[PDB]
Visitor: 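This structure holds d4T-TP. Let me ask you some things about it.
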Amino acid sequence: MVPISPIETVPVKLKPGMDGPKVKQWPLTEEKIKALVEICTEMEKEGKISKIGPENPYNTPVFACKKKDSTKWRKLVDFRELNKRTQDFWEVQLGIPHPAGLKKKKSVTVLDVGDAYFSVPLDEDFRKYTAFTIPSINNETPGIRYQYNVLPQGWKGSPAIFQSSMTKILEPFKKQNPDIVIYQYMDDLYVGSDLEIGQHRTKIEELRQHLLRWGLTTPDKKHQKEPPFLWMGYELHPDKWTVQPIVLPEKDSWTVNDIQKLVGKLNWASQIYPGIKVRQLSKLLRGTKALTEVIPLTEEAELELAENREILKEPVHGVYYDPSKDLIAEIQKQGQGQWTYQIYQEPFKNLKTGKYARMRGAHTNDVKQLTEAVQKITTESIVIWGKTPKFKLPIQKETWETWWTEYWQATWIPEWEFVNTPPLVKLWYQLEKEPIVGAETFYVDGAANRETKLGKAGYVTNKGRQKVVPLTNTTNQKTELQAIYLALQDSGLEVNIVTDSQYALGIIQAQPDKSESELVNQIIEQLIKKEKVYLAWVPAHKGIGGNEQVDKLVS
Amino acid sequence: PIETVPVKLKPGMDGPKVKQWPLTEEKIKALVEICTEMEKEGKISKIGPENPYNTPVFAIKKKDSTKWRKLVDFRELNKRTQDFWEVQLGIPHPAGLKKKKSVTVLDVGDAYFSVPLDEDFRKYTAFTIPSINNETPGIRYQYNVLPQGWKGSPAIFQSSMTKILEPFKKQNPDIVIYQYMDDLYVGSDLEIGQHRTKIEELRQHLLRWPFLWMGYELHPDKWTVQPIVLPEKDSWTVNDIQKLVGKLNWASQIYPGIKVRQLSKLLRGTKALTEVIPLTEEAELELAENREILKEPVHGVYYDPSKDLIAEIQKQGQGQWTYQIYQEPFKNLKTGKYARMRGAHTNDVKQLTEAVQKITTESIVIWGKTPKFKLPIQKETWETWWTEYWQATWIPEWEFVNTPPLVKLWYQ
DNA sequence: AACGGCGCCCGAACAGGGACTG
DNA sequence: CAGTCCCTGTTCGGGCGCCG
Ligand SMILES: Cc1cn([C@H]2C=C[C@@H](COP(=O)(O)OP(=O)(O)OP(=O)(O)O)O2)c(=O)[nH]c1=O
Ligand SMILES: [Mg+2]
Ligand SMILES: [Mg+2]
C-alpha cells in the first residue's frame, strides 16, 4: 500500500514479443555496498521504492558513481538491457538554450528541483519490470530485492517523462503569471521578471509552493538569488554573460585523446571568443586510429594552438537579446576554408560568435563556402532568436551578382550588405560565353587503359600545334584533366579549348579556386593566369571537328 | 454520432518519426494561437512522450492572404497509408477538368474537422510545436478529427462530400468538380462572369452544411508547351555547328529519326571555333528535316496511372525556368517554361518554389498526381528557405540534383 | 561502467552516373 | 546490353565538447 503521488503517470509499455530484464549483478567494491543499502532503506520509507519477492522473475545490476565535487552520491543503474526492450519515446528536448537568446530581465532566479527523477512516479503496470537486488554483504547476505515506484536514473524513458511531467505542472502557474519567463531545462528552472526585487521573491515563493503541491522540492542549497548565476554552464550577470572559465591542457607530449579534448573545448569556446581555429589541430586526428598514440604537433598546428591560447587570455563576454534592435551577422574569411563570424545588435557588443570550417566537395570556391556559412548562421539564428539577421559579407554586390545569376543551381543569400574587410571574396577567373576570335583553338583528349593503368593525353590545334604525352598509373578522368592542363600550359593568354569530357568540364565550369586534387589546382593556377578562356563541349565518337583527330592520337 | 472509419498502416511499416525543424518567431506564435483554438474545439489534444511518432508542422500564407494557415508535412504518413487513399477509397480523376476553360480551386480542408478520426490511428498524427531558444520543451498534440494535409482525409470525407455536391451537380451537369487533398477543383466552360457566379453558388452550397472565401483561378486551356527549338542564324561558325550537333545528338534519345551526318561533315578538319562555315545543300536539307521531326510528336508516349510522375527543372537564367514531366526517361508527358515569376532577378529559391507549386498544380489537374521533383539546388539551401515562400496546402516529394549544362537542351 | 539533448570533425559504408570492356 | 571502374555524393556512428 503505497500512496499515489499527485503527478499524473505516463503509460509505458514494452516492445511486443519481449519480456523484462534478467541480468545478473556485478561484483563491486565494499565502498559501493555501504553507499546503497542506506539509500534503498530511505527510499522505502519515503515510498520511492517498494520491496518485492519471488513473484518478480527479473533482475538488473546497479553500478553507481558519485556526484561532481560534492558530498552526496548519485545512485545509477544499468538499464541497457531494459532500454533495448522498452518502447521508444519521442524526445521533447529539441535543443539547448543559449544565453545570447535571453532578454533583459530586472530580476532573475535560478531554481533546482532536488531529487528530480525520484519525485515523478512510474507507470503502475511497469514497476514490475524494474527489479534489482541489494546484497548487504559482498558474499554473505543474499539481500532482499526491491523495485522502483519513481523514475530510475539510467532508464532511457526517464528524461522524456520528467520533462513532460514538469511542463504540465508549470502550465497552470504560467497561465496565472504571463509576464514571468520560465526557462525549463531538465530540472533547473530559470525564472525572470521585470518586477522589483521584493515582488520577484514573492512570486518565486508562490512558484516554490505551487511545485510543492506535486511533491517537487526546491531547496535553498542550490537556490540562486543574486548574480552571477551559474546557468547552463555560463555566468549570467545583470547586463552581460560569459562562459565559465575554460581550462586548456598543456602537456609536453600530445596523444590522440588529448587533441580530441582540446578541439572540443575550442569548439565550445568559439561561441564567444572570436577567431578560434581548429583546422590544423583536427588535421592531426586523421588516419591514426589509436587513442593512446603520441602525435607530434605540426608547425601549423602549433601556431594555431598558440593563437587560440592568446585569444583566451583576454576575458570576453556576450550581451543579451533586445527585440527592439536589428540582428546583425558579420563574416570574415580566415583562409584555407576557415570562416569566423559575429552576431550582434550594437557595434562591438557581440551576442555570440562562431566559425564555419567545413570542407564539402572535392572542388569548391570561396563563394560556395560563404553561402554555406550564411545558411549555417541563418538556421542557428532561427533556433536562438527566431529570425534571420541582416548579413555583412566581405563580397562585392557585383561579385555575388555574377555568381548567382550565372550558376546553374538555385542559390540565394538573404538581405545583406557589403563590408570592405580584406581578404575579400571574389571569383578568380571567368569562362567566356562565346568563342574568342583570334585565339588558338585546342582540341584536347585523353584515354587510359583500365588494366595497365597507362594512358595518353594531348591536343591538336588549328595552327598545327600538337602534343601527345604518355602517362603512367592514371585514369580516363585524369587524362582528360591532363589534356586540358596541357592546352592551358602551351597556349597564349587567350585560348579556346574543345573537350568531350563531361567530367572535366563540370569541374571547371563551377569556377573552383581550391581542390583536393593537385591536378585541378594546377588547372586553376593556369586559368587565373589567362585573360580569356572559352571551354566548349562536343560529344565523343562522332567525327566532330578536331575532336576526331586528337582522339586517334591518344587512343 | 459518426462511426470512425478504421485506418491501418501499410503492412510492415511503422508510423512517421520525423524531427521538427526550427520555426521563426511569427510562425510559432501563429501555430500556438491556432492550436489553442483547435484544442478548445476538441480538434486536437495534448499528448506525452510515450507516443514515439511525430510529423513536422509549420505555417504558410496563401497567395494574397494575410491569414496564417497551419500546414502539417504529412508526406511520410501519406506514403505509409498509400493502400488506403488509392486502393480502398480512391477518388476518380476526370479527364475533362484539363479541357475546361476556367478552373477555380477552393480550400475545403476545414470540412474535415467535423468527422472524427479512428482512435487507433490518432497516434500517427502527432506533431510538436517548438519554442524559441528552447525555452520550453516541445508541445506535442495529436489529431482527434480528420487532419488537413492527410490523404486519408478527403478519402473518408468523399462519401460526405458527394452528398453535399450532389444537388449542385444536378443543377449544373456541365461543371466538372475534382477533389484533391484539402482542395476542390471546379471547372466549367462558362464565361468569366458566369463561372465566378456559379462558384459563389457552390460556396453557399457548402456554407449551409476559414479559407472558403478565397478562389484561385486556373486556365488549363491556356497552358502552353515548350518544344525543342533549333537556332536559325544567317551565318554559322564552327562553334555554332558543334553546339548544334551536340544538341541534336542528345535530342536523338527522344526522336530516333534525327540525323547529324551532313552537319558533322561541315566540321571536317581542325578548324578555329570562330571560322564561318557556309551550310551545304545537303546540310540545309538535313537541318530542315530535323526541324520537322521536332514538330512531330514522340512515338509511344502516354500516361500510365500505375507509375509515378517525375518532374525535372532547369535554371535557364534571367528568370527563365524550363521543366519536363515524364514517367519513363525521354518519354515526356509535358514540357514547359516559366518566366518572370515572383522573385525574378533577385531570388532563385522563391522562383524555384513558385515553379514547383505551378508544376504540381498542373499535374493535379491533368493526371491527379503530384510528381516527385528533381530540384536543381543544394539540399541545405532549399531546406533553409523553401518554407518562407510556400503558399500551397500540399507538399510534393523532391530530391536534389546537380547537373551542369553541357548543352542548352530546352532553351537556347 | 548509465540516460537524453545539441554542436564539431572524423572515417567507413553505401548510392549513383558517366564511360569503357566482354 | 551487363558489369566493372572511377569519382563524388550522402548517411551514420563514434570521438570530443557542453547541459541535466
Ligand atoms: C547530472 C545528471 C542528471 N541526471 C538527471 C537526474 C536528475 C536530473 C537533474 O540531476 P541533478 O539536479 O544534478 O540531481 P538531482 O537528482 O536533481 O538532485 P539534487 O542534487 O538537485 O538535489 O537530471 C542524470 O540522469 N544524470 C546526470 O549525470
Ligand atoms: Mg536538481
Ligand atoms: Mg575524350
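Here is the naming used below: chain letters follow the sequence lines, and residue numbers restart at 1 for every chain. The figures that follow rest on heavy atoms only: side chains count, while hydrogens, waters and symmetry mates do not. First listed ligand is number 1; within each ligand, the first listed atom is number 1.
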Visitor: Provide the full list of ligands or chains belonging to d4T-TP.
Guide: ligand 1
Visitor: Tell me which chain touches d4T-TP (ligand 1) most, using the name in the PDB entry.
Guide: HIV-1 reverse transcriptase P66 subunit
Visitor: Heavy-atom contacts under 4.0 Å: which other chains make them with d4T-TP (ligand 1)?
Guide: A, C, D
Visitor: Using heavy-atom distances, let me know which of A/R74, A/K221, A/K75, A/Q163 sits nearest atom 13 (O) of d4T-TP (ligand 1).
Guide: A/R74
Visitor: Under a 4.0 angstrom heavy-atom cut-off, which atoms of d4T-TP (ligand 1) come close to A/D115?
Guide: 15 (P), 16 (O), 17 (O), 18 (O), 22 (O)
Visitor: Mind checking which other ligands or ions are less than 4.0 Å from d4T-TP (ligand 1)?
Guide: ligand 2 (magnesium ion)
Visitor: List every atom of d4T-TP (ligand 1) that sits less than 4.0 Å from any heavy atom of A/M186, numbering the atoms from 1 in the order shown and giving each element.
Guide: 8 (C), 23 (O)
Visitor: Specify side chain, backbone, both or neither for A/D188, according to which of its non-hydrogen atoms lie closer than 4.0 Å to d4T-TP (ligand 1).
Guide: neither
Visitor: State which organism the PDB entry lists for chain A.
Guide: Human immunodeficiency virus type 1 group M subtype B (isolate BH10)
Visitor: Show which residues surround d4T-TP (ligand 1) within 4.0 Å on heavy-atom distance.
Guide: A/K67, A/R74, A/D112, A/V113, A/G114, A/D115, A/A116, A/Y117, A/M186, A/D187, C/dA2, C/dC3, D/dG20
